[PDB]
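Presented below is an entry in which one can find atazanavir.
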2 protein chains.
Amino acid sequence: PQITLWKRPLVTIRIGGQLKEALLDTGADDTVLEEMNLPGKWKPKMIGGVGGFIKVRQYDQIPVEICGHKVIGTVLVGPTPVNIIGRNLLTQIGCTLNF
Amino acid sequence: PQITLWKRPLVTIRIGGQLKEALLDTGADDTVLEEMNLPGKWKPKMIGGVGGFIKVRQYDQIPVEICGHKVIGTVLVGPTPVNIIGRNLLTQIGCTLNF
Ligand SMILES: COC(=O)N[C@H](C(=O)N[C@@H](Cc1ccccc1)[C@@H](O)CN(Cc1ccc(-c2ccccn2)cc1)NC(=O)[C@@H](NC(=O)OC)C(C)(C)C)C(C)(C)C
């Protein structure tokens, strides 16, 4: 698809049994999801945005379905205002900015 | 051009004679520049990112040059860690997210 930017670029994603809305974010290095109890090992990290830092849990090698595209990578979980799909997963779906 | 997302989509912008590096950010409603002086009236605004809110100064109808494209719109100035080009100006350059 070709997504214009008059509205927030929100899509539905699937992570295990859970459907969520998430923002396609070219200004995010990383994918950050709202609080959820994913399986397996995690590492505590801090990530920075506008307004300062938040503490997140880093889970590696997590399958996520984004608009029917299957990706597998790193997901951070923490007190983000919105679910954010960052470049680490945008690159796995083949996303580019065009103008 | 087409910009891949392997690295941060940083581009050079020109504003009022000044060169700046800025991030093309589909996850930003607004364009927000690091602290700088601009002419004309402004008013305070609070904008929220992942780590909370910052207070910025809102300037309307500011011309910006982004990758050869002349745009005019609202620019927020304040304590952002990075210059951000948000959807208000991305729409003016006709940017789409493609995958
Ligand atoms: C290298 O660090 C990052 O990549 N940081 C990312 C990040 O914060 N990205 C910012 C751009 C950025 C990059 C580097 C340093 C600082 C900031 C944005 O891509 C995503 N972010 C994601 C975001 C989106 C919505 C909201 C929000 C806020 C209030 C109410 C509803 N939503 C908060 C954060 N958007 C905003 O913060 C924007 N906020 C905004 O559009 O609010 C409507 C601003 C910018 C206009 C302030 C994450 C923490 C998401 C990984």
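Below, read A as the first sequence line, B as the second, and so on, with proteins coming before strands; counting in each chain starts at 1. Atoms within each ligand, like the ligands themselves, are counted from 1 in listed order.
- In the structure shown, the parts corresponding to atazanavir are ligand 1.
- Going by contact count, the macromolecule most engaged with atazanavir is what the PDB entry calls HIV-1 protease.
- Counting only heavy atoms under 4.0 Å, the other chains near atazanavir are A, B.
- Here the shortest heavy-atom distance to atom 9 (N) of atazanavir, taken over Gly52(A), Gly27(A), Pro81(A), belongs to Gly27(A).
- Heavy-atom contacts of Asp25(B) reach the following atoms of atazanavir: 10 (C), 11 (C), 18 (C), 19 (O) (cutoff under 4.0 Å).
- Within the 4.0 Å heavy-atom cutoff, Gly86(A) does not count among the residues contacting atazanavir.
- The distance criterion of under 3.5 Å between nitrogen or oxygen atoms is met by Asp29(A) with respect to atazanavir.
- Proximity of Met46(B) to atazanavir, defined as any heavy-atom pair under 4.0 Å, is not found for any part of the residue.
- By the definition of a contact as any protein heavy atom under 4.0 Å away, atom 40 (C) of atazanavir is in contact.
- In summary, the atoms of atazanavir found under 4.0 Å from a heavy atom of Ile84(A), numbered by their order in the structure, are 22 (C), 50 (C).
- In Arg87(B), neither the side chain nor the backbone holds a heavy atom less than 4.0 Å from any atom of atazanavir.
- Within atazanavir, counting atoms from 1 as listed, the ones closer than 4.0 Å to a heavy atom of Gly49(B) are 33 (C), 34 (C), 37 (O).
- Protein heavy atoms are absent from the 4.0 Å sphere centred on atom 31 (C) of atazanavir.
- Shown in contact with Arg8(B) at under 4.0 Å from a heavy atom are these atoms of atazanavir, numbered in order with element: 1 (C).
- The ligand atoms of atazanavir that sit less than 4.0 angstrom from a heavy atom of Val82(B) are 13 (C), 14 (C), 15 (C), 16 (C).
- In this comparison of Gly48(B), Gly48(A), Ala28(A), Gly51(B), the heavy atom closest to atom 2 (O) of atazanavir sits on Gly48(A).
- Heavy atoms under 4.0 Å from atazanavir belong to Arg8(A), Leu23(A), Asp25(A), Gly27(A), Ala28(A), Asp29(A), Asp30(A), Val32(A), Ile47(A), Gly48(A), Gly49(A), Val50(A), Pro81(A), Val82(A), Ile84(A), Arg8(B), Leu23(B), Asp25(B), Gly27(B), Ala28(B), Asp29(B), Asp30(B), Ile47(B), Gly48(B), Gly49(B), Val50(B), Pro81(B), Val82(B), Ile84(B).
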